[PDB]
Structure formats: structure tokens, C-alpha cells
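For reference, the structure discussed in these notes is given below.
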Amino acid sequence: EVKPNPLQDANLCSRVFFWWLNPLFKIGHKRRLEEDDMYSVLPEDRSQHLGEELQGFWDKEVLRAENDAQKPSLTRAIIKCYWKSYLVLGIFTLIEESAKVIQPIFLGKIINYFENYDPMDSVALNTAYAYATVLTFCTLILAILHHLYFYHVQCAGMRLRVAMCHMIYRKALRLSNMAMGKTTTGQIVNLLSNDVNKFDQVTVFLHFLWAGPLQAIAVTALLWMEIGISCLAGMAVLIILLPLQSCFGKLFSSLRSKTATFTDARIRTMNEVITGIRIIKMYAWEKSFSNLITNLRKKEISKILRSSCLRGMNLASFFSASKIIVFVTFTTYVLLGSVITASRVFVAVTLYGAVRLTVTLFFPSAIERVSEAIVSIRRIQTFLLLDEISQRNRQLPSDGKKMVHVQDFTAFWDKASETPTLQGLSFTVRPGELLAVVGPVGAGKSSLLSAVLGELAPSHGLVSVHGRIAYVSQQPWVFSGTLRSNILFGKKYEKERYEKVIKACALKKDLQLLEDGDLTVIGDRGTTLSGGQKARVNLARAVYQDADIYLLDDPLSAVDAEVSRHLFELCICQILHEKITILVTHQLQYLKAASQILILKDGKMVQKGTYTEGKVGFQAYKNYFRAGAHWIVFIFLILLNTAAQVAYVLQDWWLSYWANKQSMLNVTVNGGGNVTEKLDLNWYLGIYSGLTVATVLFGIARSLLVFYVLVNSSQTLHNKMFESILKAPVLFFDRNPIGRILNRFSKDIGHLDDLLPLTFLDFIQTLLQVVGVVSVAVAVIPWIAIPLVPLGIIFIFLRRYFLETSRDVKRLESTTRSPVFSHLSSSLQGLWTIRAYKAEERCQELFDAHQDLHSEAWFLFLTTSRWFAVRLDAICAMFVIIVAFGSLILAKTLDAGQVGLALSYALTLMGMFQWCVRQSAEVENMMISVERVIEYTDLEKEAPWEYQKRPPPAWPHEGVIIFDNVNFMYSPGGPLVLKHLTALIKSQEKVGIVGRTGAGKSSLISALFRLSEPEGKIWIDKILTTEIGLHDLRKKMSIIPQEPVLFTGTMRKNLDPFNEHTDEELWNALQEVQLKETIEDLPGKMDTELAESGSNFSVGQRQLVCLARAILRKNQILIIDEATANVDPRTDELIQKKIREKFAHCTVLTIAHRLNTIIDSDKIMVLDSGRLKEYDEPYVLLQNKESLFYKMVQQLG
Ligand SMILES: C[C@@H]1CC[C@@]2(OC1)O[C@H]1C[C@H]3[C@@H]4CC=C5C[C@@H](OCCC(CO)CO)CC[C@]5(C)[C@H]4CC[C@]3(C)[C@H]1[C@@H]2C
Ligand SMILES: C[C@@H]1CC[C@@]2(OC1)O[C@H]1C[C@H]3[C@@H]4CC=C5C[C@@H](OCCC(CO)CO)CC[C@]5(C)[C@H]4CC[C@]3(C)[C@H]1[C@@H]2C
Ligand SMILES: C[C@@H]1CC[C@@]2(OC1)O[C@H]1C[C@H]3[C@@H]4CC=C5C[C@@H](OCCC(CO)CO)CC[C@]5(C)[C@H]4CC[C@]3(C)[C@H]1[C@@H]2C
Ligand SMILES: C[C@@H]1CC[C@@]2(OC1)O[C@H]1C[C@H]3[C@@H]4CC=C5C[C@@H](OCCC(CO)CO)CC[C@]5(C)[C@H]4CC[C@]3(C)[C@H]1[C@@H]2C
Ligand SMILES: C[C@@H]1CC[C@@]2(OC1)O[C@H]1C[C@H]3[C@@H]4CC=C5C[C@@H](OCCC(CO)CO)CC[C@]5(C)[C@H]4CC[C@]3(C)[C@H]1[C@@H]2C
Ligand SMILES: C[C@@H]1CC[C@@]2(OC1)O[C@H]1C[C@H]3[C@@H]4CC=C5C[C@@H](OCCC(CO)CO)CC[C@]5(C)[C@H]4CC[C@]3(C)[C@H]1[C@@H]2C
Ligand SMILES: C[C@@H]1CC[C@@]2(OC1)O[C@H]1C[C@H]3[C@@H]4CC=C5C[C@@H](OCCC(CO)CO)CC[C@]5(C)[C@H]4CC[C@]3(C)[C@H]1[C@@H]2C
Ligand SMILES: C[C@@H]1CC[C@@]2(OC1)O[C@H]1C[C@H]3[C@@H]4CC=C5C[C@@H](OCCC(CO)CO)CC[C@]5(C)[C@H]4CC[C@]3(C)[C@H]1[C@@H]2C
Ligand SMILES: C[C@@H]1CC[C@@]2(OC1)O[C@H]1C[C@H]3[C@@H]4CC=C5C[C@@H](OCCC(CO)CO)CC[C@]5(C)[C@H]4CC[C@]3(C)[C@H]1[C@@H]2C
Ligand SMILES: C[C@@H]1CC[C@@]2(OC1)O[C@H]1C[C@H]3[C@@H]4CC=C5C[C@@H](OCCC(CO)CO)CC[C@]5(C)[C@H]4CC[C@]3(C)[C@H]1[C@@H]2C
Ligand SMILES: C[C@@H]1CC[C@@]2(OC1)O[C@H]1C[C@H]3[C@@H]4CC=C5C[C@@H](OCCC(CO)CO)CC[C@]5(C)[C@H]4CC[C@]3(C)[C@H]1[C@@H]2C
Ligand SMILES: C[C@@H]1CC[C@@]2(OC1)O[C@H]1C[C@H]3[C@@H]4CC=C5C[C@@H](OCCC(CO)CO)CC[C@]5(C)[C@H]4CC[C@]3(C)[C@H]1[C@@H]2C
Ligand SMILES: C[C@@H]1CC[C@@]2(OC1)O[C@H]1C[C@H]3[C@@H]4CC=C5C[C@@H](OCCC(CO)CO)CC[C@]5(C)[C@H]4CC[C@]3(C)[C@H]1[C@@H]2C
Ligand SMILES: C[C@@H]1CC[C@@]2(OC1)O[C@H]1C[C@H]3[C@@H]4CC=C5C[C@@H](OCCC(CO)CO)CC[C@]5(C)[C@H]4CC[C@]3(C)[C@H]1[C@@H]2C
Ligand SMILES: CN(Cc1cnc2nc(N)nc(N)c2n1)c1ccc(C(=O)N[C@@H](CCC(=O)O)C(=O)O)cc1
Ligand SMILES: Nc1ncnc2c1ncn2[C@@H]1O[C@H](COP(=O)(O)OP(=O)(O)NP(=O)(O)O)[C@@H](O)[C@H]1O
Ligand SMILES: CCCCCCCCCCCCCCCC(=O)O
Ligand SMILES: [Mg+2]
């Protein structure tokens, strides 16, 4: 196979340290990874194996439920399948919990040694060394073993996901027709896409369901044994932290919902602006959409700011939660009359930190993921119990005959429907005869196709279909694979028959067309073909695959007569000599190749007659931030962050200093306790309370400020983007697909509004916490700086060596995930022919291969992530060992408080470091959206809407426009389309100027509607067109598009978005233009909210309302962008009467392919190669004596 998984031959040490992954990274560092550089899935992880095992378990569960007469449970089957393999990992989770719980005990033993320091006690030093050895043993167990266990847990989750997908596909291939109608293909694709990924997550935290509450209990016990009932107080706060935060989360969700609605609305308008941007710029309607989007964005940014404030409050609350817990518990401790010591204080601090992280991060996450997985299992289960075809029976004996007969069959697509689709049909088919049903679609040719017991199971009829069915559908379908596979469809390669189809079936054209040849791989979803090829290849599969019964829904209609005649002589008469030839047709040639004709209506068979009857630079970050706020604000922000972290560390430093001062104090004030230098509770307690209050306040302020500045940056960037895009040239929209721009406006902006601020704030917070831990350790033991310089350096290199590969693997997993869904989708389009060919196992194997490839991707992703995690935690464990033992080596220059503080922070460095590195990677990956946003933010814009000119009103005094040696450039650096066009429009005249091409007539538009870029001297109103701004130029030009599109919003906004017409004006304007009978009946009257792009208005009414807007607009000219021809005839007679008296107020120029629309026009601009050779009236031109007019009259018609 491919390079076999080294995990098979990997020994225990290599598997724990992921040593076997080393070669891959090497190649991952040498070049770019592909699918060939991949590792095959393990034999026990193959999709077929897991699918079969879960099939057995689920079938057993179904049988048990049926025996005991209750609804079967999928959760029961999943548990009964994976519980043995999961409880062992729960064993390891017990071990991990025990190590995490008992590490602070040995921390307290070392600190107690420091508390009772005696330089002459060697035995105490040896005991402390042994305690440090046990502590580092525990942290290595925690470091390299939680990661091996985590990889196994994630592998279990991936196994569950793969088995579930195999289950779903196996069910889908056996789904029913009416069930297919009940459930859409989108629902099933969604099941494979987002509803099954939850199983990849729940398994991560499932064991915590019993690990969290238990560990918590244990911690409480230990805490009691240290400080008694006071510990409970701290625990109480932790408990309070569980509901309240969850409660706020609920509120969070609510706010999110509201924002969603606004976003959708905005996005809708976004689509409506980008798809019809040409029209928006054509009509000079930019102000209306601009203000509408401004209002929508303002509301959205208000709701997003509220949600961001809530999330920032949550982050600040968790950041300061440890201090609140410690402050409460130790204030209770001191106020009860006790005296604090470094050992007990820092044991309590470490235990509280561990238990708080567990209880407040893993347990609620475990509950949330379990609930999501439960609802997903419920949905997937109700799909697996979705009614399947009432059991599709293996076909009845194909005993050499072709005896089929239908006698008063009343069974349809939906049995409950009383309206007959097919019945009356009562005939008998004999072996070898050729039949061919021909006639109108009717209501049952599909039933004759499905007469293979597809969807017409006989309620009263009885059809003995014998033989092998070759079904061809209305829409031919081509599956994912190689052209050999689609032609072959499981059949063995037969060269001569393949040649036979290439000659008789005339596929040599396709051989020529394919870019690779006879080895050409069918593209994804089989696109490397055309409709003729898919229909022909369906018939080709049937005839090559030498089936017996051939059901063809008009495949010879699509193909040409040559191939059709070839298959009658060669195939239908000779090769398909003893095959069923059900062929619907409408030409006269397959009508005359047939022997029997079937014509159908609702049910009753009328007759049976015969014939004669990579990274983002500092510029990106700088522009994002300076887009956020003034650099003074950023100086204030970094000062606030530093103050917050300083207060966070100093709250514990105050406890440590109390301990250090307390150590000197124990020496004189405790042992020599007669003087009773009682600690001034007011003084000491006040500084402690002030420090913790300052920590809380500074954390809250920093979180709020970061969120506010980032959200403000997002809002300014979005506003700038809309303003910039609104001024984008039509060239940008022509070059860039609509989907690309819509995606840039939707996904990146959603990122910048939701994910980027939160991730950036979390990364900054965690990085500051890590820096605080490192600085505490360095401050306590300065020599710790010496080994820290190499370690960090190594980390940097390591990071690169991972990322350079990691991104690639991630990219690979993205490109390997969409094929699976497409194959499922492919199965859904052609399920009929899949069941027709009895090819369920082949499609199952193809889906299994697609899933196995994606399983390779997912396995690589999990394993590489664990490799990096193992090395990072090894670095952190090395740091903890270094701190604890360098503390032990000297000890002379250190006291209990400093050692306790430093060790507790080293004991917390691990999780924080993991969070910070992964979050930094996430931020760096997500900043590509910011890069794209800045790219759109600075695209080239056109001339300003108003320049300086500003003509006096009543401007279109003359309406005279001329062109004077213009050399047209359609696109900069493109072809030449107009060279010295010299038209003449008189003053104060109901006369117009029109060109023809989307760029020649747009040249006219550049002169007035402003959409192309003519070079030549242009005289509008005896003033050059150039000096007039965009809108001040766009204002006096009325126009009708090829497709008079309609925009979502009120009816009032569509008729007049600028509100320049008084109400009785719209009333009498629509009655004069006769739309009033249509609009009076509209429920919204004038302010009717239109449907999706004006669905209710007819196309005749859409052109009518655009001409009507122009009429209220009261311009003197109007351009019909080749629209006098694509006019509905009531409108044609109408528009003739219009330019006689109704558009009398607007000038129409009729350029068209409908000659009747142009004979009436006063002037015709004849153009060859896009050039005006002759310019005079049509009447001289229309007769025979004329050059080009006579050519269009002759040849063009
Ligand atoms: C995960 C597990 C949790 C429980 C547990 O294991 C790991 O935690 C360990 C702590 C250990 C003690 C630590 C300190 C010393 C001092 C040392 O001093 C020798 C002095 C001599 C020089 O050799 C003369 O100077 C003798 C041994 C002793 C008492 C350990 C005994 C075993 C203990 C109890 C272990 C216990 C089974
Ligand atoms: C509700 C939450 C879940 C359960 C739990 O947390 C809170 O509820 C707490 C009750 C605590 C015990 C109450 C009283 C004492 C007596 C004391 O002094 C006398 C000693 C002498 C008595 O016979 C000889 O042992 C020693 C400690 C002990 C046993 C407590 C231990 C911790 C315990 C089990 C805590 C436990 C983890
Ligand atoms: C959900 C709940 C939130 C918080 C809470 O429980 C859980 O946290 C507990 C802490 C308790 C105090 C701890 C110790 C004592 C002992 C005794 O005073 C010493 C007497 C004598 C002994 O030798 C001289 O030392 C009297 C009672 C007192 C003050 C407790 C009162 C109730 C308190 C405040 C509890 C409070 C309701
Ligand atoms: C965990 C949650 C956060 C809020 C809270 O619990 C829930 O946190 C607890 C702190 C408790 C106080 C701690 C200490 C004392 C001193 C004692 O005085 C006799 C001392 C004696 C020897 O020192 C003679 O001097 C009387 C009781 C009192 C005031 C407690 C009252 C209840 C308080 C306020 C609790 C409060 C409701
Ligand atoms: C602290 C004590 C020790 C531990 C423990 O007890 C208390 O903590 C509890 C957490 C409980 C689960 C939390 C959430 C759910 C989801 C729900 O599914 C959605 C259904 C809904 C969707 O809309 C309605 O349809 C099903 C129940 C389940 C899995 C709980 C199971 C029992 C559990 C494991 C309990 C466990 C024994
Ligand atoms: C990012 C920033 C880099 C620099 C910096 O912050 C973070 O690093 C901090 C460390 C601080 C010192 C720590 C300990 C002491 C000892 C004591 O000196 C004798 C006192 C004696 C005679 O007065 C008493 O009897 C007090 C002062 C001193 C030197 C601190 C000074 C400020 C310093 C330099 C801070 C400085 C602004
Ligand atoms: C981004 C953040 C900006 C600020 C910050 O981090 C990064 O900068 C660090 C400065 C550190 C203190 C410097 C000096 C000491 C003295 C030491 O004792 C000396 C005794 C001596 C006798 O020989 C040596 O042995 C005890 C600790 C303490 C107070 C430090 C605590 C942590 C502090 C506050 C850190 C603080 C959080
Ligand atoms: C921008 C940042 C704002 C905060 C901050 O930096 C800059 O401001 C600094 C002030 C520092 C303290 C100055 C003096 C002392 C006294 C010393 O006690 C000697 C006892 C005895 C020995 O002989 C005397 O004779 C212990 C250390 C301590 C408390 C410093 C702690 C760290 C502090 C709080 C620093 C803190 C990180
Ligand atoms: C940002 C935060 C604000 C500032 C702050 O944290 C950071 O900085 C810390 C430094 C601490 C002081 C260090 C050393 C001394 C020793 C001794 O000095 C007696 C001198 C007096 C009598 O002889 C002369 O008249 C008494 C205690 C004192 C002043 C500490 C008190 C608490 C202080 C001010 C802490 C305070 C909360
Ligand atoms: C940052 C925010 C501002 C408010 C605040 O946090 C949040 O700031 C904290 C500082 C605390 C005070 C510090 C020092 C003392 C002196 C002591 O006695 C002195 C006697 C003698 C010297 O020995 C005088 O010369 C009495 C208590 C008192 C006033 C504290 C009270 C509580 C206070 C006000 C805290 C308060 C909650
Ligand atoms: C972070 C939170 C906000 C700020 C704050 O709380 C915590 O940080 C503390 C800094 C403290 C002062 C620093 C240095 C000393 C000198 C020393 O000795 C000289 C005084 C002498 C007479 O001149 C007699 O001691 C002790 C007193 C004093 C002035 C502190 C007072 C309390 C203050 C103002 C606290 C303040 C409210
Ligand atoms: C984000 C950054 C992480 C790293 C870092 O900043 C923040 O963390 C700070 C901790 C600082 C030390 C704290 C305490 C002291 C004691 C003092 O005692 C002199 C007494 C006498 C004998 O020399 C004077 O004559 C000497 C200096 C020293 C060791 C600091 C050095 C600078 C350090 C390492 C800082 C370092 C750049
Ligand atoms: C790149 C890294 C930056 C940090 C660091 O490494 C390199 O820079 C080093 C400088 C060292 C100090 C130098 C001088 C002295 C004087 C001495 O007083 C007795 C003097 C007597 C006997 O030496 C003369 O003969 C006490 C110790 C002290 C303060 C050192 C402490 C450790 C320090 C801070 C080291 C620290 C780990
Ligand atoms: C804690 C763990 C320690 C080991 C380890 O993980 C962490 O550290 C990682 C760093 C990786 C190396 C980075 C760069 C090079 C480049 C090139 O050699 C240049 C040679 C030239 C440079 O100066 C002269 O020597 C070839 C590859 C090599 C050596 C990488 C190999 C794999 C290494 C050793 C990884 C290894 C698994
Ligand atoms: C300490 N910390 C910081 C942090 C940041 N934001 C938070 N936000 C909230 N709401 N709650 C928290 N507890 C929290 N914690 C952590 C710790 C662990 C993980 C964690 O769940 N998992 C692994 C990786 C697993 C994963 O989440 O994908 C890690 O990187 O530490 C996340 C954040
Ligand atoms: N999915 C379906 N659900 C219900 N009824 C259906 C379905 N598909 C087809 N029908 C029935 O069949 C009718 C369509 O005519 P059909 O028998 O498919 O003609 P045809 O095969 O399209 N003929 P031609 O186009 O000339 O090859 C429908 O109007 C229904 O009566
Ligand atoms: C304490 C953890 C810090 C993590 C922050 C990331 C620091 C990365 C510094 C190097 C950036 C990348 C250098 C070029 C290589 C690349 O293309 O990624
Ligand atoms: Mg049909």
C-alpha cells in the first residue's frame, strides 16, 4: 500500500513520545505535503470494519427492542459497542486525577522543609530532595502521559464518527421513495457535515463526568486537612461560579440570536447590491442602499458591542476568579484566629487553582458537549429509524422470460393520495420483443421506468420482472472517479467493446475532447463530461455492461441522429437484439423506429395501436490597530494590561510577602510570641483586600477596553469597505465573481466581529499570565534566567518546525472532507440507477475509500497536534524541574514565601503555556481575514461623485453630446471597440444618443450614465463630460436594463427611493402607465414589502415600473439597453403609444433584433466591426439600394 503506518511497528517508547512521526515532519520541512506523503489508516480503523461492527451492534439492539417491544435506542448500541475500550482510558483518567491532586501535597512537604530551615540538618535536606524527586516524577507523568491518553481518547471519538458515517450511508442507499420526498438531500448532507462532528468532541471530556465531581470532593478533603472549615468557604465561591457564569452564557446566546437576524438582513442586501451592482450604479441609487446598509450596520454593531461586553466580562471574571477564591478563604482563615504560614497558604493556592480549572472549564464543557452529542444521537437515530423502503425485496426469479403485466394497478408515489397516477394500464410483455413508449410526459413515464418495482409496487397489479435492469434516468448522472469507472461502473475492462462504443456510439469525439485521453480521470462529481456525454454514458453503461432490460428516459433525444441510427442498426436491432428497449421519444425518427406506442393521461391506458393505426506582516497588525483607536489609547491599553497582570501577581505576592514577613515574624513574633506583634489585621487585611479588588477592577477594565477597541476597529473597517466597494469600477465586479465579494463581506467580517476579538483578548491575557509566571520564577531565583535562554530559543525553533508542517496537514484535511459529502450527494442524485444496477456494494466501497482517505487526514492531524503538545509540555516540565531543584540546591538565600510562590506558579505554567501557544496559532491563522479586508479596503476607486464643476441647475439645456476621436479601451489593456464615433443630439430635445455593445452603449453611459472609459473628446451640452462628477452626471439619464431587476424593500422605495415625487404624482403616474389596477390589489398598497427580488411583479410589470420611475423622474432622455425588443407585446403596443404621448416626456432610442421595433425609429446607427460607417435615417437604408441595411435585411433578416 502507501507507506505503512509506523504506529503498527512502533514500540512503547516511540508511541508515548510520538517518535515515529519524526520522518514525516522531515519531508514536511523539505517540501509541500501531498496525499501521497500520507499514512494509511490502521487495519482496525478501516471504515468498513467499524461500519460492520456497529451494524452488528445496532442490528442486535433493534432485534432486542423488537423482542421487548420498545423504541430502539442508538445510545444503548453505542455504549454496548465502545464501553470496554473506554473504561480502560477512564482508568488512566483516574491516574491523572490522582497525580494532579497529590502534587500539591509534596509541594507542601518541600515548603514545610523551607519553613523549618536548619543548615546543619543533612537528613532534612535529603528528605526534601526525595520530596522534590517525587514532585518531578508526578509532573512528568502528568506531561507525557496525559498526552498519550488524550490521543487515544480522540482516536476513540474518530472511530465513532467514522462508524456513524458508514451507518448513515448504508441507510441512505436503502432509503425509500416517499421517505426521499419527506427528507430532502440537504438534511442528509447536513447530517454528515455538522451533526456527526459532535462525536469528535464529546469523547474528549466524557470521562470528566465522573472525574470532575470526584476530584473536587478529594480536593475539598485535602483542603480541610490543611486549613479546616475555612477551606469550605473558598469552595463555596467556586460552586457559585458554576451557575452564574452559565446563566450569563444563556443571556449571551439570546443576544447572539438578535445579531444573527440583522446580519442576515444585511447580507441579503449585500447580495442584492453585488449581483445587481451594474443596475445600482446605472440608476444613481447609491444613496438609498448606502443609508440602508448604514442603519443595518449601526444596529448590528450595537448588538455586537453588548454581546462583546458580556463576553469580556466573562473573561475578566475567570481571570480574577482565583484571587477572589483565595481572598475569601484566607480572610475567613485569618478572621477565625489562625496564623498563616507559607506551606499551608501555597498548598491551598495550588489545590484551589487545580480544582477551579477543572470545575469551571472541563465539567461545564463536558456537560455541554454531552448534551450536544445527545441531541445529535437523537437526530441521527430518528434518521436511522427513518422509514426505509418497505423492504426492498431481492428481485423475483429472473427465469429467462420477460413476462411483465399490469392489470388495474392503483399504487403511486404516495399511496394515501386518491388521485390516480397510473391504472387502466394493462398489458403483457413477452421475452425478446422490442417495445418503445412514446408520448407526452403525462404522469407516468417515470412509473414505467420504475416498473422495476421502483416506486410502483403493485397494490393490485402483478409484474414478474425477470432479467437484469439497465435504467437511464431523465437527468443522467456521473459519479466521482475515473472515466473508466463511470463508463465501466464496476465492469471489467473490455477493450474491444470499449472500442465498439467509441466507434458505433461515436465516443471518439470525447476521446479527443478529454485532456488526458483514455486514462482521463473523471473530474469531481463527474464534471469532465457534458450532457450528451452523461446521457450517452448512461446508455453506454447499459449496453456495454451487457444488461438484459433497458429502461431509457429519452436518451436518444439528447444525442444526435448519427449515434441513434448506429444504435438501432448495430445495437437495438443487432447488439440489443434480445434486450428491453423502453424509449420515450418526440422526434419523427425514434417514433418510426418503434413498433408499439403507449400514450398516457391520468391513469387509464387509452390505447395500444401500431404505426399505420503565509504570515501577516507588521503592516497588517499596525493597520488593524490604528484602525482601532489612537495610539494614545493603545499606550493606555498596554499600561492597563501591565497593571492588571502586576496586580494579579502582587495579590499572591502579598500573600507570599505576608508569608516571608511572617517567616521572619515567626522567628521573632511567633516563637518569641510573648511580645505578640499581632499582625495588624486592619493594615494587612486592607492591603490584601485592596490588591484583590484592584486585580478584579483592572482585569474587567482591560477586557472591556480590548473588546471595545477591537470592535470599533471592525466597525470602521466595515464602513470603509462598503464606501470603497460602492465606488469600485464595474471592472472589479466583472473580474471578481459575486460569490467572492459576498464571502469577503460575510465570513471575514463575521470573524472580525465575533472570533478575532475574543481570541486576541484571550491570547493576550494568557501570554501575560505566562510572562508573570516566568518573571516570578526569575525574580525568586535569578540564576533561573541562565537555563531559560536556551529553552525558550528551542521553543521558537520547535514552533516553526511544527507550523511549517501543521498548516499543510490542516489544509489537506479540508480538501479531503468535501469529497465525502459530494459522494453522498452523488448517491442521492442517482439512487434509482444505483438500485437498478444492484451496485450497492460498489458504492459502499467507494464511500469507504473516501472516508478512509479522510481518516488518514484526521489521524495525521490528531497525531501531529499531539506531537507538538508533547514537546511543549516536556519543555514546561523541564522548567518545573529546574525551578524546584535550583530552589533546593541553594535554599540559603531563599525563604519560604518566595519558594512557595515560585513553585506554585511553575506548577501552573503548563496549562497556561499550552493555551497561549494554541491561541497564538489560531490568531495568526485567522488574521488572513484581516489581510483580505485591508485588501478590499484599498482597491482602486473611480472619480468622485461631484468634482468642482457643479453646473447651475436646469443643466440639460441642450442634451448635445458628441464624440471626437475616441479610441475605446473596454478594459485597460483590452480590445478596441469604438474609434471616432461622431453622433449629433440637438438642444432641449426629446432626442437621444445610443451605441450598442455593453461598452459602446456604455460609452454613451460614460458620457452620461458613467460606466465605461472612453478616451476621446466628448461634448455633453457643449461641455466635456469629464468635468462633471459621477452622480451629477448620472442624474439626468433614464434607462431600462435587459432584465429590469427588482430590489427587496418597501414598494415605496422601489418606485422612488429618493422621494422626489408627491403622492398624487405616483397615483396618477401609475394610472397613466396603467399599473394601478395591479398595484391597488397589492396588500401593501404603496409601502408593500416585495418578495425575493420582486417575485410578485411580472417581468412586464418590472420593465413597466422602471419606465414609470423614469416618467416620475421626468428626464429628457432614456436609453433602452437593447430592450425595445425584449418587450412583452402588450407593452410593445404600450411603448409605441408611450413614445407617441406617454414617454413623450422621455426620449427612447430603439436598437434591437426585433425589426418591427426598429422600423419606427427615426435614426439607425449602422456599425461594422463595431464602427459607424454610415449615419442617416432608416428609410433610405431599408430598401434594396443600400449597403449594410440591405445585408441585414437579406442574410440577417
Ligand atoms: C504516587 C505515590 C503516592 C505515595 C508515595 O509514592 C508515590 O509517595 C511517596 C512519598 C515517599 C516518602 C518520601 C520521603 C521519604 C524520606 C526518605 O529519606 C530516606 C532517609 C535515609 C536516606 O536514604 C537516611 O538519611 C525515606 C523514604 C520516605 C519516607 C518516602 C517513603 C515512600 C513514600 C511515602 C512514597 C509513597 C508510597
Ligand atoms: C459537602 C461537601 C462534600 C463532603 C465534604 O466536603 C464538603 O464534607 C466535609 C465534611 C468533612 C469532615 C467533617 C468533620 C471532620 C472532623 C475533623 O476532626 C475530628 C477528627 C476525629 C473525628 O472522628 C477523628 O478523625 C477531621 C476532619 C473531618 C473528618 C472532615 C473531613 C472532610 C470532610 C469529610 C468534608 C467532605 C470532603
Ligand atoms: C454555603 C455556605 C457559604 C459559606 C459558609 O458555609 C457554606 O462558610 C462557613 C464558614 C462558617 C464559619 C466557620 C467557623 C466557625 C466556627 C465557630 O466559631 C469558632 C468557635 C470556637 C471553636 O473552637 C472558637 O474557635 C462558630 C461558627 C463559625 C464562625 C462558622 C459560621 C458559619 C460559616 C460562616 C459558614 C458559611 C455559612
Ligand atoms: C464564600 C461566600 C463569600 C461570602 C462569605 O460566605 C459565602 O464569606 C464568609 C466570610 C465570613 C466571615 C469570616 C470570619 C468571621 C469572623 C468571626 O468573628 C469571630 C472571630 C473570633 C476569632 O477570630 C473572635 O475574634 C465571625 C464570623 C465572620 C464575620 C464570618 C461571617 C460570615 C462570612 C462573612 C461569610 C460570607 C457570607
Ligand atoms: C454532581 C453529581 C455527580 C455527577 C452527576 O450527578 C450529580 O452530574 C450530573 C450531570 C448529568 C448529565 C448532565 C446533562 C445531561 C444531558 C441530557 O440530555 C439532553 C436532554 C435535553 C436536551 O434538550 C432534553 O431533551 C441527558 C442527561 C445528562 C446526560 C445528565 C446525565 C446525568 C449526569 C451525568 C449527572 C451525574 C451522575
Ligand atoms: C518591566 C519593568 C522592568 C523594571 C521594573 O519593573 C518592571 O522591575 C521592577 C523591579 C523593582 C525593584 C525590586 C526590588 C527592589 C529592592 C528595594 O531596594 C532596596 C530598598 C531599601 C533601601 O531603600 C529598603 O530599606 C526596593 C526597590 C527595588 C530596587 C525595586 C525598584 C523598582 C524595580 C526596579 C521595578 C522596575 C520598574
Ligand atoms: C509583565 C509583568 C510586569 C511586572 C512583573 O512581571 C512581569 O515584574 C516582576 C517584578 C517582580 C518582583 C521583583 C522582586 C521581588 C523581590 C523578591 O525577593 C527578593 C529577595 C532577594 C534576596 O536575596 C532575592 O533572593 C520577591 C519577589 C518580587 C516581589 C517579585 C515578584 C514578581 C514581580 C512583581 C513581577 C511582576 C509581575
Ligand atoms: C510598573 C510597576 C508597578 C509595580 C512595581 O514595579 C513597577 O513597583 C515596584 C515596587 C516594588 C517593591 C519595592 C520595595 C520592596 C521592599 C522589599 O523589602 C525589603 C525588606 C528589608 C530587606 O533588608 C528592607 O531592609 C521587598 C520588595 C518590595 C516590597 C518590592 C516588591 C515589588 C514592587 C511592588 C514592584 C512592582 C512590580
Ligand atoms: C501597585 C501596588 C501598590 C504598592 C504596593 O504594592 C503594589 O507596593 C508594595 C510595597 C510594600 C511595602 C514594602 C516595604 C515596607 C516595609 C516597612 O516599611 C516601614 C517604613 C516606615 C516605618 O519604619 C518608614 O517611616 C513597612 C511595610 C512596607 C511599607 C510595605 C507595605 C506594603 C507595600 C507598600 C505594597 C503596596 C501594596
Ligand atoms: C484601590 C481601591 C481603593 C480603596 C481600597 O481598595 C480599593 O484601598 C485599600 C487600601 C486600604 C487601607 C490601607 C491602609 C490602612 C491603614 C490602617 O491603619 C493605619 C494606621 C497607621 C499606620 O500604621 C496610620 O498612621 C487602617 C486600614 C487602612 C486605612 C486600609 C483600609 C482599607 C483600604 C482603604 C482599601 C480599600 C478597599
Ligand atoms: C494597590 C492598592 C491601591 C493602592 C494601595 O492599596 C492597594 O497600595 C498601598 C500603598 C501604600 C503606601 C505605600 C508606602 C507606605 C510607607 C510606609 O511607611 C511610611 C508611613 C509612615 C508615616 O509617614 C508610618 O508608617 C507605610 C505607609 C505607606 C504610606 C502606605 C500606605 C497605604 C498605601 C497608600 C496603599 C494604597 C491605598
Ligand atoms: C516582563 C519582564 C520579565 C523579566 C523581568 O522584568 C519583567 O523581571 C524582573 C525581575 C527583576 C529582578 C527582581 C529583583 C532584583 C533584586 C535586586 O537587588 C539588588 C540588591 C543590591 C545587590 O545588587 C543592589 O546593589 C537586584 C535586581 C533584581 C535581581 C531584578 C533584576 C531585573 C529583573 C530580573 C526583571 C526582569 C527584566
Ligand atoms: C545573563 C544573566 C543575567 C543575570 C545573571 O546571570 C547572567 O547576572 C549575574 C550577575 C550576578 C550578581 C553579580 C554580583 C553579585 C554580588 C555578590 O556579592 C558578593 C560579592 C563577592 C562574592 O562574589 C565579590 O567577590 C552577591 C551576588 C551578586 C548580586 C550576583 C547575583 C547573581 C547575578 C545577578 C547573576 C544572574 C543570574
Ligand atoms: C525538546 C526536544 C529537543 C529535540 C527536538 O524537539 C524538542 O528539537 C527540535 C529542533 C529540530 C531541529 C531544528 C533544525 C534543524 C535544521 C537542520 O540542521 C541544521 C544543522 C546546523 C544548525 O546549526 C548545524 O548543526 C536539520 C534538522 C534540524 C536539526 C531539526 C531536527 C529535529 C529537531 C532536533 C527537533 C527535535 C525533535
Ligand atoms: C487556563 N486557560 C485559560 C482560559 C481562557 N479563557 C477562558 N474562558 C473561560 N470562559 N473560562 C476559562 N476557564 C478560560 N480559561 C485555559 C486552560 C485550559 C483550556 C483547555 O480547555 N484545553 C487545552 C486544549 C483543549 C481545547 O480547549 O481545545 C489547552 O490548550 O489548555 C483552555 C483555557
Ligand atoms: N418524485 C415524484 N413524486 C411524485 N410523483 C412523481 C415524481 N416524479 C414523477 N412523478 C409523477 O410523474 C409525473 C411526471 O411525468 P413522467 O412520467 O416523469 O414523464 P417523463 O418521464 O418526464 N416523460 P419525457 O420527458 O417525455 O421523457 C409527475 O407529474 C407525477 O405524476
Ligand atoms: C510565550 C509564547 C509566545 C508565542 C508567540 C509567537 C512568537 C513567534 C515568533 C516568531 C514568529 C514567526 C517567525 C517566522 C516563521 C513563520 O512563518 O511562522
Ligand atoms: Mg417519467
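The numbering of chain A matches the PDB entry: 7-619, 694-1277, in order. Each ligand, and each atom within it, is numbered from 1 in the order the structure gives. These numbers come from the heavy atoms of this one structure, side chains and all, not from hydrogens, waters or symmetry mates.
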What drug are we dealing with at ligand 15, do you know? methotrexate
State what methotrexate (ligand 15) is bound to in this structure, picking the chain with most contacts and naming it per UniProt. ATP-binding cassette sub-family C member 4
With a non-hydrogen cut-off of 4.0 Å, what is the binding site of methotrexate (ligand 15)? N320, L321, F324, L367, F368, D842, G991, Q994, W995, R998
Identify which transmembrane segments of chain A (UniProt numbering from the N terminus) have a non-hydrogen atom under 4.0 Å from methotrexate (ligand 15). 6, 10, 13
